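Read the structure below first, then the notes.
Counting from 1, the numbers follow the sequence of the chain as shown. We count ligands from 1, going down the list as the structure has it; atoms in each ligand are counted the same way. Every heavy atom of this structure was used, including side-chain atoms; hydrogens, water molecules and symmetry mates were not.
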Amino acid sequence: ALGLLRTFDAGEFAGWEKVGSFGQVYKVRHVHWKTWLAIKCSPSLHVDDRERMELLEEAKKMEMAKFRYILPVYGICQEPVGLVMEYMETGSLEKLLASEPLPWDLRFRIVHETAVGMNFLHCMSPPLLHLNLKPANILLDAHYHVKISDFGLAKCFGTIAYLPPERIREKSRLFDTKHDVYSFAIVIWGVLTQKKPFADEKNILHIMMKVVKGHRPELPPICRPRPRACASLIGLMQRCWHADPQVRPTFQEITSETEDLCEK
Ligand SMILES: C[C@]12O[C@H](C[C@]1(O)CO)n1c3ccccc3c3c4c(c5c6ccccc6n2c5c31)CNC4=O
Ligand SMILES: [Cl-]
């Protein structure tokens with residue numbers, strides 16, 4: 001797993017340019033490879049053995065999930081302590097959703113590709129739970145294709161909206177695949193509306209409490225350009241954010257439906 005990863009010396013990189021914020025992310029040129037990469041550096045001053053081992057754990061989890069829709073990892077920098085990864089020119093879905101209105105065909109393809117990546121993680125033996133899935137961690141290449149990133153919290157702030165209600169109900173429940181399915185529901189919501197969930201609201205505590213009783217982000221209306229596909233997606237979203245985790249679909253079931261939203 002960690003055998004193929006390379007150690008990078010900071011002299012190998014140039015043109016450091018901030019893109020991130022957690023930890024700072026930089027676009028770097030690898031001078032000998034004549035290509036750009038991304039490096040996420042630690043926020044602290046003293047990088048202890050706890051961090052350096054966790055960073056290695058983060059890298060090994062990414063390498064085990066090599067896939068078309070998962071962000072490739074190249075290795076670690078020691079000079080500044082950082083994880084070295086593929087560069088995704090277009091940045092995050094969060095930024096894309098806030099920029100301009102997206103055509104519906106692209107929206108459906110983003111949802112589908114995100115679902116196929118998540119399905120791949122849950123198909124591993126044992127399943128890899130992402131546990132931090134949100135528009136900020138869904139990255140886009142020059143042609144707007146998805147690769148899932150941020151494996152910092154994966155297991156074999158603004159995150160409250162993506163947190164399943166059972167995680168608010170139970171003091172430290174055991175993590176499962178149904179956690180990611182909930183977060184994905186809230187991702188669908190953001191793609192449908194181009195808004196951040198619970199953006200208007202004053203305090204988190206009231207909404208969190210209501211979320212435990214079955215409250216969710218307000219359903220969007222049916223769109224004019226693709227009303228049928230939009231209705232189907234709204235329906236799937238709703239099943240994916242059901243209060244009972246066992247009633248939620250699997251990503252196997254999700255990917256089957258999101259595929260039909262793309263094919264005309
Ligand atoms: C912090 C964050 O910076 C932005 C988006 C971001 O996810 C925060 O919303 N951000 C960008 C903005 C504009 C262009 C590229 C990125 C980028 C990249 C990565 C990451 C990344 C990896 C692991 C955790 C966080 C990461 N980011 C990344 C990121 C990893 N690969 C990247 O290219
Ligand atoms: Cl339609």
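Drug identified at ligand 1: lestaurtinib. The name the PDB entry gives to the main binding partner of lestaurtinib in this structure is Receptor-interacting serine/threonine-protein kinase 4. Listed by number with element, the atoms of lestaurtinib under 4.0 angstrom from any heavy atom of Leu71 are 30 (C), 31 (N). Of the options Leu140, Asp150, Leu139, the smallest heavy-atom separation from atom 18 (C) of lestaurtinib is shown by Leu139. Under a 4.0 Å criterion applied to the non-hydrogen atoms of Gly20, lestaurtinib contributes the atoms 3 (O). Most residues of chain A touching lestaurtinib map to the UniProt domain Protein kinase. Close approach of lestaurtinib to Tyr87 is summarised as follows: ligand atoms under 4.0 Å from at least one heavy atom of the residue are 14 (C), 15 (C), 33 (O).
Of the listed residues (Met88, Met85, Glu86), the one carrying the non-hydrogen atom nearest atom 14 (C) of lestaurtinib is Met88.
The ligand atoms of lestaurtinib that sit less than 4.0 angstrom from a heavy atom of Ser21 are 1 (C). Under a 4.0 Å criterion applied to the non-hydrogen atoms of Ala38, lestaurtinib contributes the atoms 30 (C), 31 (N), 32 (C), 33 (O). The residues lying within 4.0 Å of lestaurtinib, counted on heavy atoms, are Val19, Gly20, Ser21, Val25, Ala38, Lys40, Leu71, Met85, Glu86, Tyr87, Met88, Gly91, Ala136, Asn137, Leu139, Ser149, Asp150.
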